[PDB]
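Drug dasatinib bound to macromolecule Epithelial discoidin domain-containing receptor 1.
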Amino acid sequence: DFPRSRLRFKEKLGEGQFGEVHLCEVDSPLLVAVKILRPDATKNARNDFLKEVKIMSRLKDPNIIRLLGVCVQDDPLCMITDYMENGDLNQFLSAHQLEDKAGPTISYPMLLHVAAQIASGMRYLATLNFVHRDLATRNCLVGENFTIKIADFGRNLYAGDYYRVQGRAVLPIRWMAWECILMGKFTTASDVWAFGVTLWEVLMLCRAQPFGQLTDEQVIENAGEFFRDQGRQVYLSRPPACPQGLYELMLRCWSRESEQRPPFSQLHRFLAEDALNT
Ligand SMILES: Cc1nc(Nc2ncc(C(=O)Nc3c(C)cccc3Cl)s2)cc(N2CCN(CCO)CC2)n1
């Protein structure tokens, strides 16, 4: 149980619904991320905080954010993770351009490595029957040497990625499989569908929102068209950097039937091995 006395708050990194995240130095320089309660925290927030600790303490994988420590015994409450020095993957990738064979660059096999790491992380969450429910580049963190960690969740930079109706759950409908949109059904199989969208983002180098020229309402109609199965449904197009082989893998992630979507083990295998084929 970590002593908050050895923490030195340096920068504010972001706000959540019940917490804010700061950069801190640890005198024992060593940089960590510390999430604390927001200044307006009600006791509903406190509970959701203590519950996040419970949930997060499960998570032990190289490509999942890890809980390094807690100050929970006495206030103030805090959560400690590694500090991912390169911020979220959406931001990060947006700052790069695909490497030119003939601004900062990144290579196609590096895009695969980034995607593979997300897959390996999700392969891990699958073994825990843990359903993420909001997998997207914006919720992936980036450390040194293109290391990726999936975050447990989460705030205004990406407001347009969520569909909001008063009294309803805030929903990332553009990353959601049709059965989630239509039936509220969230499974590892729909995490697989959102991974296909996330892989699409990575290949787009986050240059465009999924279905970015369709309205929310049309995205929701598109879901119903997967359901009615009369071939009218539409898909994300193949990104410029994406070979047809990788794209068909993407399309498998958007099979109407949950069963026909690839498992993450296979997604990993492909990204780390097959994808390197000419
Ligand atoms: C929002 C943001 N976070 C960054 N790194 C983080 N590492 C871990 C984070 C985190 O929240 N851990 C966590 C905790 C502690 C509790 C519960 C759950 C979790 Cl997941 S956040 C870096 C960053 N950068 C902005 C840009 N900068 C210049 C480049 O322009 C570089 C830095 N911005």
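By convention here, the first residue in the shown sequence is residue 1. Numbering of ligands and ligand atoms starts at 1, following listing order. Any value given below was found using the heavy atoms of this structure, including those in side chains, with hydrogens, waters and symmetry copies removed.
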Note to self: So, going by heavy atoms and a 4.0 Å cut-off, which residues UniProt tags as ATP-binding in chain A does dasatinib reach?
What the structure shows: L13, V21, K35
Margin query: Could you tell me which UniProt domain of chain A does most of the contacting with dasatinib?
Written below: Protein kinase
Margin query: Could you help me figure out which residues touch dasatinib at a heavy-atom cut-off of 4.0 Å?
Written below: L13, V21, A33, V34, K35, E52, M56, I65, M79, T81, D82, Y83, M84, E85, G87, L141, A151, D152
